[PDB]
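Co-structure: azithromycin and Macrolide 2'-phosphotransferase MphH.
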Amino acid sequence: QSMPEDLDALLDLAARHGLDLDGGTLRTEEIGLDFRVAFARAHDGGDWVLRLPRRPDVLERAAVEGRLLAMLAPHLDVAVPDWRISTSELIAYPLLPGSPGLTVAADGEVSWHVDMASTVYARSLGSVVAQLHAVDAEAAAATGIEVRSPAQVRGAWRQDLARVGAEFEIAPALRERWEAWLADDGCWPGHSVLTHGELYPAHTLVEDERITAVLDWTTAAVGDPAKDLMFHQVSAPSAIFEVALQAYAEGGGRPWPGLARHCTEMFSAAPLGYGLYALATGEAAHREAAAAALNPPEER
Ligand SMILES: CC[C@H]1OC(=O)[C@H](C)[C@@H](O[C@H]2C[C@@](C)(OC)[C@@H](O)[C@H](C)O2)[C@H](C)[C@@H](O[C@@H]2O[C@H](C)C[C@H](N(C)C)[C@H]2O)[C@](C)(O)C[C@@H](C)CN(C)[C@H](C)[C@@H](O)[C@]1(C)O
Ligand SMILES: CC[C@H]1OC(=O)[C@H](C)[C@@H](O[C@H]2C[C@@](C)(OC)[C@@H](O)[C@H](C)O2)[C@H](C)[C@@H](O[C@@H]2O[C@H](C)C[C@H](N(C)C)[C@H]2O)[C@](C)(O)C[C@@H](C)CN(C)[C@H](C)[C@@H](O)[C@]1(C)O
Ligand SMILES: [Cl-]
Ligand SMILES: [Cl-]
Ligand SMILES: [Cl-]
Ligand SMILES: [Cl-]
């Protein structure tokens, strides 16, 4: 990244919260829509991450995330951020060790740092997800995250299809696929767990193809266990997903026979998530992108 021109203001901000940084090491990532992010070494040599809230309206999501991280860290063997400073103007935590399993460059180039056909990653993922899914769901709920029963998990997808269908044209081929998914009792979970919600390699750190930390916990919710296995299911060979499922069950996870089927159908319903986002933002650019995903053009 880059050396910021407001170095002195950033050092003052950390200093007034008790964090003394070596300004020679300070770099910033400016691309986030909700936070400005800085990395620096402290005077005692430790590496730090700084998150600067851009607007007061991001503080609610940060407060929930902070409560989740505090209660979750004792229950996972892998690392999560340890917020030693959490205020309106600064969130700061030690840099977690390891390298991201997937990085995206400034021009949009995606680079993978672990292969989805790896048995090592498959077993590491299944182990971490079983530990996460074992976390006490009532203590999870007290943090403020959303909570959905198995009944509410299925009903939310049914409602979501209806709401998106009322505001967007949906190609019949996609609508019929998703209706058949929602009608297949074999796909759907019979129990709810604490989930991450976006567990793909960009939100992990890896060492020797094993997960050593999991990041970006804003999507966490009690609900469908498959959400945390679906990205592996759609990207890994089927025998490698089965290695992940075996490690998941070995850790106390309780998969069901149609779980892999469910994962692929669910991933295909991503255009409904785009539609929901557009309706939430109201921004014309998001509505246009969701509309193109919900009603793709014909082949030529
Ligand atoms: C290459 C030269 C630079 O040195 C560095 O950059 C290294 C990271 C490291 O310096 C190198 C190089 C060397 C040869 O010392 C110069 C070596 O003996 C020390 C141990 O690490 C220094 C000692 C860091 O401090 C050490 O950061 C480590 C990550 C952890 C370590 N400790 C806590 C375990 C800690 O002491 C420190 C945090 O910068 C100390 C800080 C108080 C003073 N710095 C601002 C000075 C001025 C540095 O700019 C430097 C000396 O000019
Ligand atoms: C698993 C790998 C893929 O990762 C995914 O599919 C995510 C789960 C997906 O997200 C999925 C799942 C879901 C539920 O988003 C959470 C759905 O709404 C969207 C449409 O697709 C991402 C996060 C979407 O980015 C999200 O777009 C949403 C509309 C809003 C959301 N944020 C702003 C709130 C934003 O992060 C996005 C539109 O794909 C980002 C886009 C710019 C870049 N993609 C094209 C990359 C290359 C992806 O294909 C991927 C990295 O290869
Ligand atoms: Cl951000
Ligand atoms: Cl939230
Ligand atoms: Cl191993
Ligand atoms: Cl869910």
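Positions are given from 1 along the sequence. Determination method: X-ray crystallography, 1.7 Å. One-based numbering, in listed order, for ligands and for the atoms of each. Just the heavy atoms: all of them, side chains too, but no hydrogens, waters or symmetry mates, feed the values below.
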**Asked** If I want every copy of azithromycin, which ligands or chains do I look at?
**Response** ligands 1 and 2
**Prompt:** Within the structure shown, which other ligands or ions come closer than 4.0 Å to azithromycin (ligand 2)?
**Reply:** none
**Item:** From the candidates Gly273, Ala202, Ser235, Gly108, the one that places a heavy atom nearest atom 18 (O) of azithromycin (ligand 2)
**Value:** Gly273
**Request:** Decide whether an N or O pair under 3.5 Å exists between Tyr274 and azithromycin (ligand 2).
**Result:** yes
**Prompt:** For atom 19 (C) of azithromycin (ligand 2), which candidate among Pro271, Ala270, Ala269, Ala289 holds the nearest heavy atom?
**Reply:** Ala270
**Request:** Look up the source organism of chain A in the entry and report it.
**Result:** Brachybacterium faecium (strain ATCC 43885 / DSM 4810 / NCIB 9860)
**Request:** Using heavy-atom distances, let me know which of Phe231, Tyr200, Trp112 sits nearest atom 51 (C) of azithromycin (ligand 2).
**Result:** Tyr200
**Request:** Define the binding site of azithromycin (ligand 2) at 4.0 Å using heavy atoms, by chain and number.
**Result:** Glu198, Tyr200, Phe231, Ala270, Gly273, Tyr274, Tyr277
Using a 3.5 Å cut-off on N/O to N/O, what pairs does azithromycin (ligand 2) make with the protein? A line per pair would be great.
{"unit_1": "azithromycin (ligand 2)", "atom_1": "18 (O)", "unit_2": "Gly273", "atom_2": "O", "d": "3.3"}
{"unit_1": "azithromycin (ligand 2)", "atom_1": "18 (O)", "unit_2": "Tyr274", "atom_2": "N", "d": "3.3"}

